[PDB]
Colleague: 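First the structure, which I've put down as structure tokens, then a few questions once you've had a look.
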Amino acid sequence: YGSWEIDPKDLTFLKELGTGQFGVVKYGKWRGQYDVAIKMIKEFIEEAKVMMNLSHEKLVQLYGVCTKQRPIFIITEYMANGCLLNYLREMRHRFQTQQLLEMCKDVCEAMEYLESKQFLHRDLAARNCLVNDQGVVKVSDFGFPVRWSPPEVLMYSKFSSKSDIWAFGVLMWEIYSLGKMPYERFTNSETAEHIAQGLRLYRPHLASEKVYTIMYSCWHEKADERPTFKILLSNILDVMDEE
Ligand SMILES: Cc1nc(Nc2ncc(C(=O)Nc3c(C)cccc3Cl)s2)cc(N2CCN(CCO)CC2)n1
């Protein structure tokens, strides 16, 4: 794979990171200079290939792969603050609501980019975003989530740009509720029934009525009445200016 093939001996491994959703992820350095995360998989056909064609400041950036050797490596930029869901549940951060809104805006920018590329993420949720050292949120794992799915997906499997819009609204709720599970008091069956009847996530305490109006707009029962990510972006930026 061209300049995407990385020389494994340009890699050092500095610390262990996980095994519970991946296959060993490690923090290491590339070319003695760049912090990377290194994903070692085992017996890929699609993940890096997706990641080779997409590039945005708000999408976790592929640096390269190791394909000519043992277990395959995928190497990306390193996200020092880990998954967004864990970051939000860490109470020491004591976030201000302007920080929470900026997290929404980060993800919204990534999704507007993907939308412009006609690419559907399909599993957008806080667990699939990561956070770097500066607190910037980036969309990840883009290479069944009942609580992030609109009625047309639960009932008919009708995926579309508007089903990513729905999940993004639920992701804003996850941010403003500091990492709560959506529909925390319900089973998956109950969530599906209750969403099909028109009930929606309540306004988080930290979300202003303007912010809640944005997330609520993602949840129109008619998919074609939901905004695009371009419109959600402009709306979020408007709220940031109003403060
Ligand atoms: C599991 C984990 N990842 C971290 N950072 C990452 N950056 C990049 C990663 C990654 O997976 N990229 C990637 C992708 C997206 C696709 C294909 C291939 C790859 Cl390689 S994972 C940080 C972290 N921390 C846990 C503990 N911490 C405080 C909480 O206690 C902060 C440090 N934990």
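Here chain A follows the PDB entry for its numbers: 392-434, 442-541, 559-658, in order, are the residues you see. Both counts, for ligands and for their atoms, begin at 1 and track the order of listing.
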Colleague: Which of the following is located at ligand 1: dasatinib, triamcinolone acetonide, amenamevir?
Modeller: dasatinib
Colleague: Identify the main binding partner of dasatinib (ligand 1) here and report its name as listed in the PDB entry.
Modeller: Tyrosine-protein kinase BTK
Colleague: Define the binding site of dasatinib (ligand 1) with a non-hydrogen cut-off of 4.0 Å.
Modeller: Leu408, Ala428, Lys430, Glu445, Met449, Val458, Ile472, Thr474, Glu475, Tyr476, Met477, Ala478, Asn479, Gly480, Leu528, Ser538
Colleague: Would you say atom 7 (N) of dasatinib (ligand 1) makes contact with the protein, given that contact here means a non-hydrogen protein atom less than 4.0 Å away?
Modeller: yes
Colleague: Tell me which UniProt domain of chain A holds most of the residues near dasatinib (ligand 1).
Modeller: Protein kinase
Colleague: Among all protein heavy atoms, pick the one closest to atom 16 (C) of dasatinib (ligand 1) and tell me residue, atom and distance.
Modeller: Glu445 OE2, 3.4 Å
Colleague: If you have a sec, work out which protein heavy atom is nearest atom 23 (C) of dasatinib (ligand 1) and how many Å separate them, to one decimal?
Modeller: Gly480 CA, 3.7 Å
Colleague: When you measure from atom 4 (C) of dasatinib (ligand 1) to the protein, is at least one non-hydrogen atom found at a distance under 4.0 Å?
Modeller: yes
Colleague: Any N/O of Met477 closer than 3.5 Å to an N/O of dasatinib (ligand 1)?
Modeller: yes
Colleague: Side chain or backbone, does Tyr476 bring an N or O within less than 3.5 Å of an N or O on dasatinib (ligand 1)?
Modeller: no
Colleague: Of the protein's non-hydrogen atoms, which lies at the shortest distance from atom 2 (C) of dasatinib (ligand 1), and what is that distance?
Modeller: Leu408 CG, 3.8 Å
Colleague: Check the UniProt ATP-binding residues of chain A and list those with any heavy atom under 4.0 Å from dasatinib (ligand 1).
Modeller: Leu408, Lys430
Colleague: Starting from atom 19 (C) of dasatinib (ligand 1), what is the nearest protein heavy atom, named by residue and atom, and what distance separates them?
Modeller: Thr474 CG2, 3.3 Å
Colleague: What is the nearest UniProt active-site residue of chain A to dasatinib (ligand 1), and its minimum non-hydrogen atom distance to the nearest 1 Å?
Modeller: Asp521, 12 Å
Colleague: Looking at atom 25 (C) of dasatinib (ligand 1), tell me if a protein heavy atom falls under 4.0 Å from it.
Modeller: no
Colleague: Looking only at protein heavy atoms, which one is nearest to atom 27 (N) of dasatinib (ligand 1), and how far off is it?
Modeller: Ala478 O, 4.5 Å
Colleague: Determine whether any protein heavy atom is located less than 4.0 Å from atom 29 (C) of dasatinib (ligand 1).
Modeller: no
Colleague: Hey, quick one: which of the residues UniProt lists as binding dasatinib in chain A get a heavy atom under 4.0 Å from dasatinib (ligand 1)?
Modeller: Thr474, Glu475, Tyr476, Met477
